Amino acid sequence: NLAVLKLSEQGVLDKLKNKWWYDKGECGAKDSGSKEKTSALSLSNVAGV
Amino acid sequence: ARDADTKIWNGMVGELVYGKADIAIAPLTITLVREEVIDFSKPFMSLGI
Amino acid sequence: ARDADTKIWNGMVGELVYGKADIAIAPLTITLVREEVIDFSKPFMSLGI
Ligand SMILES: NS(=O)(=O)c1cc2c(cc1Cl)N[C@H]([C@H]1C[C@H]3C=C[C@@H]1C3)NS2(=O)=O
Ligand SMILES: NS(=O)(=O)c1cc2c(cc1Cl)N[C@H]([C@H]1C[C@H]3C=C[C@@H]1C3)NS2(=O)=O
């Protein structure tokens with residue numbers, strides 16, 4: 001009861017949670033969600049016209 | 001969880017109720033029906049369904 | 001909080017320590033040093049700075 005509060009006070013829980021969830025951003029959208037591609041227009045875009 | 005009609009707690013619960021195991025640092029959820037047989041510290045990580 | 005250099009709890013925590021009160025239903029933050037003089041239940045509402 002006194003030890004868990006020490007970890008919560010000093011942010012050790014935050015450091016461990018960052019280590020075991022956020023430092024292993026692996027799959028797709030987390031890494032590649034903030035990038036940019038320009039364009040290339042294909043026919044599948046313009047067909048109803 | 002407990003057994004019907006015999007209250008036989010299996011799993012990690014009975015390991016602490018029946019004097020088998022000494023401590024359990026594990027993903028265990030504080031409920032109402034678990035405080036009567038074992039004791040929990042202050043919670044260290046929040047979540048939801 | 002405790003006073004500087006005297007360890008005299010003013011406020012509501014002093015009302016629980018010095019025998020003046022009985023219970024404190026209040027927006028009170030579970031810190032470290034408040035555990036050593038009184039007792040808390042499980043937390044009921046979570047927040048942050
Ligand atoms: N952001 S989190 O879920 O990983 C998380 C969750 C919690 C932490 C610390 C972290 Cl890092 N400590 C709190 C404790 C601190 C104090 C206040 C309540 C408890 C005592 N319990 S908690 O609310 O369960
Ligand atoms: N979403 S919240 O901050 O208002 C909030 C926060 C908490 C609630 C319930 C609510 Cl609604 N109950 C939990 C307790 C209930 C059970 C499960 C963990 C603890 C035991 N404490 S808590 O994590 O402090």
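The chains referred to below are lettered A, B, ... by the order of the sequence lines, with proteins before strands, and numbering in each begins at 1. Partial entry shown, contacts counted within. Whatever order the structure lists ligands and atoms in, that order sets their numbers, starting from 1.
At ligand 1, the PDB records name the drug as cyclothiazide. Structurally, the greatest contact with cyclothiazide (ligand 1) is made by what UniProt calls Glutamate receptor 2.
In this entry, the other chains with a heavy atom less than 4.0 Å from cyclothiazide (ligand 1) are A, B, C.
Note: cyclothiazide (ligand 1), no covalent bond to a chain.
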